[PDB]
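Structure note - Taxol present.
Every chain is numbered from 1 and lettered A, B, ... according to where its sequence line falls, protein lines coming before strand lines. Side chains are part of it too, since the values below use all heavy atoms of this structure and drop only hydrogens, waters and symmetry mates. Numbering of ligands and ligand atoms starts at 1, following listing order. Partial entry; contacts are within-part only.
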Amino acid sequence: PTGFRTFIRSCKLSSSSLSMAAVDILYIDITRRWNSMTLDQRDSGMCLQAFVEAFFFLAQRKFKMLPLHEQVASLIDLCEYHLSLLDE
Amino acid sequence: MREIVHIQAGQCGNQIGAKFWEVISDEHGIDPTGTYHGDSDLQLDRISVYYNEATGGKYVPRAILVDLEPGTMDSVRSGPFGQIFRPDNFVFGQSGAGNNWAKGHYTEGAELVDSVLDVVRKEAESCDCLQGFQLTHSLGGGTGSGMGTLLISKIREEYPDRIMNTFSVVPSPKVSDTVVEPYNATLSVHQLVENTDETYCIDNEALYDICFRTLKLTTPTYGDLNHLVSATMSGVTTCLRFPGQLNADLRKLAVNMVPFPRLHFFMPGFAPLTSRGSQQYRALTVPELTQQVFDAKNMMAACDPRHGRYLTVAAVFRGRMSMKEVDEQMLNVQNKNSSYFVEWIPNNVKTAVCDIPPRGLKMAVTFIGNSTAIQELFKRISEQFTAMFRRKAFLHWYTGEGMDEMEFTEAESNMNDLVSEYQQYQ
Amino acid sequence: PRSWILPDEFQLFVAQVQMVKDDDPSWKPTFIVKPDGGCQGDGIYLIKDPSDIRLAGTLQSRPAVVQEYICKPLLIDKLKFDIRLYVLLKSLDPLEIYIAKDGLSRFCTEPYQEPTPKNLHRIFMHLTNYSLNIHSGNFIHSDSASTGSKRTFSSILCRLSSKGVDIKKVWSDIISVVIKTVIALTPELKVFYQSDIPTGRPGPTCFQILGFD
Amino acid sequence: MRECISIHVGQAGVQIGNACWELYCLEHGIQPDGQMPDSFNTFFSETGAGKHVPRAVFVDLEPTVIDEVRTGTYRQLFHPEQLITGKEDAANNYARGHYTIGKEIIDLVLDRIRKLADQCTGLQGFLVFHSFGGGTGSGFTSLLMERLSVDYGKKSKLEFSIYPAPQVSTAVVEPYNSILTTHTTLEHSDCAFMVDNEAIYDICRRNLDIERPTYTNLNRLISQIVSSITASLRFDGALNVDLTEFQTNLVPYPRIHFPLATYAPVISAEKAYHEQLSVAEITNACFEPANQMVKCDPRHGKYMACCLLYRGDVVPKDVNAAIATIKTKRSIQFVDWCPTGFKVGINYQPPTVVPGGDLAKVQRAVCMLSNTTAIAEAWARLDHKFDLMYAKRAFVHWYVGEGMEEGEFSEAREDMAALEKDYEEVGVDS
Amino acid sequence: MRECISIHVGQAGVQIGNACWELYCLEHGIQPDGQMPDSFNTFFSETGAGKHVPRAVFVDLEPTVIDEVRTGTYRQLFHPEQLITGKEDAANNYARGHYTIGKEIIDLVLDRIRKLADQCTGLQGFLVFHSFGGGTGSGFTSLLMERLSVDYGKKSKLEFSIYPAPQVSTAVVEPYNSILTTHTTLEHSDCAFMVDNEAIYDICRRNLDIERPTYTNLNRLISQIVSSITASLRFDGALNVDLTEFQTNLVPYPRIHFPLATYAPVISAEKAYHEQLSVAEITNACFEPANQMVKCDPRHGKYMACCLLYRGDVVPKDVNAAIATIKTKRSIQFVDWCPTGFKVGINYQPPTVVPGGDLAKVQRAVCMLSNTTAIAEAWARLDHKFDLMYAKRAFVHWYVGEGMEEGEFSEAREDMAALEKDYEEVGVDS
Ligand SMILES: CC(=O)O[C@H]1C(=O)[C@@]2(C)[C@H]([C@H](OC(=O)c3ccccc3)[C@]3(O)C[C@H](OC(=O)[C@H](O)[C@@H](NC(=O)c4ccccc4)c4ccccc4)C(C)=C1C3(C)C)[C@]1(OC(C)=O)CO[C@@H]1C[C@@H]2O
Ligand SMILES: Nc1nc2c(ncn2[C@@H]2O[C@H](COP(=O)(O)CP(=O)(O)OP(=O)(O)O)[C@@H](O)[C@H]2O)c(=O)[nH]1
Ligand SMILES: Nc1nc2c(ncn2[C@@H]2O[C@H](COP(=O)(O)CP(=O)(O)OP(=O)(O)O)[C@@H](O)[C@H]2O)c(=O)[nH]1
Ligand SMILES: Nc1nc2c(ncn2[C@@H]2O[C@H](COP(=O)(O)CP(=O)(O)OP(=O)(O)O)[C@@H](O)[C@H]2O)c(=O)[nH]1
Ligand SMILES: [Mg+2]
Ligand SMILES: [Mg+2]
Ligand SMILES: [Mg+2]
């Protein structure tokens with residue numbers, strides 16, 4: 001969860017609409033679903049596919065009324081811009 | 001009915017056998033003088049499995065004790081339970097074959113193997129139905145590792161239809177007191193692979209580990225080490241001598257342990273070994289015995305089962321427990337540690353139950369495990385052997401004692417083939 | 001082809017099949033069930049209805065994949081064949097993929113027919129696995145590259161061109177699907193490489209040879 | 001004039017026989033000395049001086065199991081010739097029980113069987129208790145049945161077997177013996193009832209609340225079933241069913257003779273004082289797919305035939321009402337080609353409760369002999385394990401080294417597959 | 001032939017059922033062990049030994065509340081398998097008792113309920129005892145109701161439940177669970193009976209004059225009301241109200257089934273020697289704002305249906321007099337579409353007094369059931385609490401972790417809002 005919250009605080013996806021509680025709820029739900037999906041029920045943490053699902057949800061939230069290919073890609077561009085600002 | 005003839009070879013074999021005979025005589029209730037003083041009707045039903053009835057309620061073991069040094073015979077005779085043995089079963093030589101395997105397999109052993117086989121035939125023929133033999137020796141000396149190969153080679157052709165066991169002590173790399181010892185081992189494994197029905201690898205360093213860790217023993221001796229071997233020996237054959245819910249004779253154990261003819265090397269264990277000040281803090285149940293029976297710490301061989309996978313597992317329980325509990329416990333092991341089990345053998349564990357427990361105890365188990373990790377032992381010796389064979393070291397003794405160079409290479413090839421074939425099924 | 005993961009997505013598979021059947025009554029699909037851990041064609045069978053899935057037994061705890069069966073493949077000598085192609089993955093960063101010019105064409109031992117309830121059990125005509133077809137009595141071992149149950153892919157391509165088929169387009173789309181599979185499958189390999197060979201620590205380089213069916 | 005001869009083979013057979021014969025002695029009122037302090041002329045023979053010698057032969061390949069009976073509570077009950085033991089066991093090897101050691105002791109058992117069968121006027125048939133993956137209980141049973149069929153053809157031979165459990169097993173060579181022994185079961189036994197140890201463990205835990213059961217409880221349950229089957233032969237009452245009658249009614253085709261046994265009122269004597277056991281209650285409890293004595297579920301099968309055996313205070317009106325109620329239910333479904341799918345039987349003798357047991361003194365009890373197609377699951381499971389070894393040719397050298405060819409394994413596999421397909425084909429709808 | 005099954009679920013249900021069954025046993029003469037030293041048929045089943053087993057199942061997802069029953073006074077009364085207990089408490093979570101932990105115990109409860117229904121020929125309905133504001137009583141109750149309609153469709157589902165108080169609470173997560181249980185109590189129930197602890201505390205303080213009461217007195221009052229509800233199925237009287245007639249005379253529209261219970265002759269021993277508790281007095285005492293067991297002012301709303309269940313020495317002419325004088329005061333105003341809004345039942349059995357109680361002996365008692373639109377006032381405060389808690393997502397991660405979405409929250413709030421709108425609109429006049 002610390003990794004997700006650092007990602008959210010770094011790429012500045014959080015706003016008034018999406019607060020920290022909503023991010024935590026989303027992380028918990030996605031992690032629980034993907035842990036139950038696998039044959040082993042421990043799955044302590046988040047795999048890559050769950051991260052893909054989370055990124056898809058976040059890209060759906062932003063850039064409304066846009067094609068899916070334009071989505072995800074736009075969020076990637078914004079995240080890369082914010083990261084470039086961060087290291088610079 | 002279904003009697004076994006016992007043979008002891010070498011100093012290690014003689015001492016282990018003496019401890020074992022004290023153990024069995026206590027269990028069956030036998031006076032050191034040879035009389036029966038015991039309170040049970042079940043201690044004398046199958047007594048005709050180790051003992052012979054002499055005149056006036058006297059019981060005398062089979063116990064063919066052999067050595068090339070006449071010192072161990074004197075040590076055994078003047079010693080606890082030492083006149084319990086027939087006077088003429090002592091077949092002793094004049095010199096202990098040094099530490100030379102060639103001496104005990106070709107020259108000194110040859111002049112004594114016929115003498116041993118006379119008494120071996122004399123006892124066997126006085127049996128109603130001979131189930132088999134069992135030999136206790138060590139694969140690091142000349143008398144032991146040479147006699148226990150020559151005798152076994154001539155006992156196997158004479159009685160091919162019988163059963164042959166061997167509680168051999170495999171040499172350890174760390175605890176070493178002999179220099180030429182790897183040579184002997186490399187020259188014995190290849191005869192202990194086609195002449196015996198079973199073989200139990202009893203590494204000494206594992207016994208020391210058990211004594212130091214499980215039993216909290218500051219200063220162990222050889223008697224403490226032989227106690228565990230005797231316990232395993234008794235637990236192997238309890239179902240031939242006392243009644244049970246599910247009996248398991250030696251042949252029944254053999255039929256479901258070796259999937260292939262030459263995979264007959266096993267790991268022993270004894271379930272309730274605890275301490276002397278932790279006893280009060282424990283409960284004697286089936287699940288705890290199964291937990292201290294399958295741990296890579298209660299095993300009497302120096303090779304980690306985590307490095308390989310079991311092909312089969314036996315479990316001769318002794319006590320008045322329930323069958324459902326045993327079956328449930330066995331299903332949990334297999335389900336919990338699935339990786340440590342061959343996939344093409346469903347239900348690798350073979351169980352058994354005998355009512356009568358060892359005296360004092362109210363419950364015990366004897367774990368016999370065929371595992372691929374045993375190959376480690378062999379691949380741990382061969383390297384040492386090679387280290388001493390590329391530059392011919394200490395080989396003048398063996399060469400001058402009648403052997404030739406090609407026997408060593410043949411033995412190494414046989415052992416390497418055994419390691420490879422044990423690794424094939426991993 | 002569209003796939004479902006059992007037993008997790010059994011309900012979704014049933015609902016999708018029911019909805020498509022309601023939309024198109026004439027729809028008569030054929031599905032193929034393959035175990036995840038099963039190899040050499042073991043445990044793979046054919047079904048026509050979701051109810052045909054054997055859900056009674058102790059072998060159903062293993063995850064499985066239900067896939068839309070290709071009922072209409074190309075037939076050579078009335079035998080349906082698959083192609084095993086050897087692909088080299090050189091590196092993940094930068095990505096480098098190489099494709100061999102020739103492969104192995106494995107043919108069925110029985111004439112191919114469209115899947116029907118009367119011939120679902122016939123694995124020889126529905127499975128191209130070499131280990132399964134080798135036990136069939138109709139398997140032919142030939143030293144020639146253009147005959148027998150196992151042939152060279154270049155020979156099959158040249159026979160196809162002998163009928164006027166543009167082999168260049170065929171090769172182009174094989175390359176396209178191979179590269180598409182590699183790129184779709186790469187990111188988890190980068191994750192695994194980072195997990196097993198962390199940056200800044202000594203480690204060997206890696207490559208792989210993959211058999212694409 | 002209604003005599004049955006009992007045969008018990010192997011450790012399981014001998015222990016089940018101990019339980020069964022203690023039950024018969026308690027029922028008919030015979031002291032363990034074979035002398036009373038009619039209905040007994042089907043399992044006992046009366047000598048001149050009031051002795052009652054059982055009509056059974058105990059045969060084993062190893063001495064200890066029989067020797068326990070030789071010096072025990074029922075020592076002065078069996079004619080010591082009838083107690084038969086060998087010198088060495090088959091060692092879980094079918095080859096030893098059939099080809100190496102069984103042939104060495106096949107003469108004494110036949111001679112004693114002939115001596116016993118010449119002492120009867122009308123013989124309903126033999127009874128055989130054994131195991132299925134035990135070695136002696138497979139090989140020697142196969143040999144004995146093969147010779148019995150030749151010597152006593154056109155005569156009933158009903159066998160009770162302990163089929164291997166799906167998950168728990170006490171041996172590693174179990175599937176080999178189980179697969180090799182299902183040829184005389186298929187072609188040399190007029191009927192066969194198989195029970196699973198796992199199912200009885202589940203029944204004991206759930207119903208009798210026995211947390212840690214032993215083999216004695218299981219054997220007592222089998223003894224109860226066997227007493228229920230052979231009750232219309234000894235005692236009298238309402239509609240009575242002999243061996244030939246229910247053999248005809250429960251076996252549609254000669255290849256389908258594998259029913260399942262059920263005992264409904266299994267109560268721990270503490271739930272008895274809290275519930276009434278009416279005819280409808282026990283009849284419903286029999287059909288419940290949890291109180292089954294093998295690990296098969298009828299819900300994934302069709303109920304081909306049904307036999308109901310009632311003891312105690314039972315009147316036909318309640319039986320008919322319960323059968324109708326079972327008929328209305330759609331969860332349990334029969335096949336279509338038996339509009340009348342039941343054969344019922346009512347006896348007056350209440351079940352006998354042994355001391356130190358687990359049951360309760362009920363007033364009425366019901367025994368179900370149900371022929372369904374769900375058994376094809378159980379065999380399949382065992383079948384799977386078998387080939388999982390045979391692919392690697394594991395443990396085969398033991399069987400080969402004792403006069404058994406390599407083709408017998410494949411022959412038995414093909415036979416079992418054919419039996420599976422035969423059992424599946426009868427489940428189709430018209 | 002008028003059997004009723006009660007399902008006490010959760011801790012509150014269990015310890016209300018203790019008092020309920022104590023009162024039932026006292027009423028029908030049944031000892032705490034089950035032997036009497038017909039009328040008892042509705043709640044008890046008779047076995048051969050003369051032992052009467054209660055017709056109810058106790059369910060809780062934790063042992064600590066049931067072992068007291070199993071080791072207490074009434075330990076030989078209930079069936080051992082009718083006291084179903086889990087292993088891990090639901091920890092005040094709707095999702096825990098509805099999706100994760102309560103999903104492993106539903107099968108046993110359903111099987112036992114089917115077993116109980118198999119023993120009833122004139123089954124009428126179910127008496128579900130549970131409580132809102134708890135994990136088990138909100139989740140497992142929902143699961144059980146949902147499936148008890150998939151199975152028994154036309155049977156009645158009467159619900160007795162504990163609602164949160166205006167300001168006296170126990171857990172910080174009460175509004176969430178009580179809102180989430182609205183779906184099940186709305187479209188899977190026929191009459192939802194609601195009582196809050198604060199009102200019964202006030203009743204105990206004023207009427208019975210007890211300064212510091214506890215849960216036992218509350219449960220005894222609840223038991224008295226429940227006994228009054230079913231007192232016609234078991235005893236005899238002049239006007240008998242059946243279970244279905246009760247709800248055909250109390251429920252106007254399908255979704256309006258949330259009545260209000262009152263018990264008038266609630267008096268201490270000391271203050272009863274001075275007051276002549278005539279029929280008029282107690283009938284008026286029913287129509288008192290400070291006497292209802294839900295904290296709500298009945299004068300702030302309409303009156304749709306009224307049922308008066310009289311027990312004791314009640315002659316119908318005096319009932320007519322009390323009803324006539326009630327319809328004269330303007331403080332009790334009705335709906336214009338219900339010119340007749342009074343239903344009357346009269347039975348002969350007087351109420352009973354348990355040893356060591358707080359209720360005096362009386363010869364006439366009246367239970368009042370009212371379908372008033374004053375319940376929306378009770379729902380509004382809880383709705384406001386829910387919105388305040390949910391504005392900043394609080395404790396929601398607990399619910400999402402066990403397998404519930406936020407769509408459940410949104411939909412439950414909308415459903416409650418729609419129900420409140422329906423109740424507010426049904427009060428208009430035209
Ligand atoms: C404090 C106390 O209760 O002492 C017990 C005892 O239970 C402990 C200490 C015993 C004891 O064993 C040891 O101290 C020991 C030391 C080194 C190596 C092996 C054992 C005991 O010696 C062992 C002895 O066990 C027996 O008597 C068995 O029947 C055993 N007997 C012999 O081996 C034996 C034979 C001849 C003469 C004397 C003893 C046996 C086991 C298997 C098969 C046959 C016999 C018992 C109850 C004790 C002592 C005395 C301390 C243990 O014995 C075994 C092997 O079961 C070691 O751990 C177990 C359980 C206990 O901790
Ligand atoms: N557990 C035991 N190990 C022993 C005993 N005696 C020796 N050994 C071990 O075995 C090895 C030597 O065994 P022995 O001296 O009995 C060999 P043997 O006398 O048969 O050979 P020769 O030297 O040819 O006479 C060496 O590793 C010792 O530590 C003993 O009594 N118990
Ligand atoms: N229900 C029971 N099953 C038993 C009993 N004894 C053994 N068995 C079952 O029998 C199987 C083990 O084989 P057996 O004991 O029948 C071996 P048998 O004596 O017939 O042959 P040998 O191998 O020659 O001793 C295994 O499935 C056990 O669970 C018993 O008393 N009850
Ligand atoms: N009037 C009564 N209210 C009760 C009683 N027992 C509990 N309660 C009330 O119920 C509320 C607490 O819920 P419970 O603990 O009864 C619910 P349950 O045990 O089913 O849920 P878990 O906590 O998940 O086990 C709280 O308002 C209590 O005052 C009782 O006997 N009478
Ligand atoms: Mg020496
Ligand atoms: Mg046996
Ligand atoms: Mg609780």
message = Just need the ligand numbers or chain letters for Taxol, all copies if there are several.
response = ligand 1
Chief binding partner for Taxol by contacts (from UniProt) = Tubulin beta chain
task = Name every other chain with any non-hydrogen atom less than 4.0 Å from Taxol.
result = B
inquiry  = Hey, quick one: which residues UniProt lists as binding GTP in chain B have a heavy atom under 4.0 Å from Taxol?
reply    = none
ask   = Per the PDB, what organism is listed as the origin of chain B?
value = Homo sapiens
query = Which residues count as the binding site of Taxol under a heavy-atom cut-off of 4.0 Å?
reply = B/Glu22, B/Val23, B/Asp26, B/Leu215, B/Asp224, B/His227, B/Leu228, B/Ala231, B/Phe270, B/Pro272, B/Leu273, B/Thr274, B/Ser275, B/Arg276, B/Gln279, B/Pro358, B/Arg359, B/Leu361
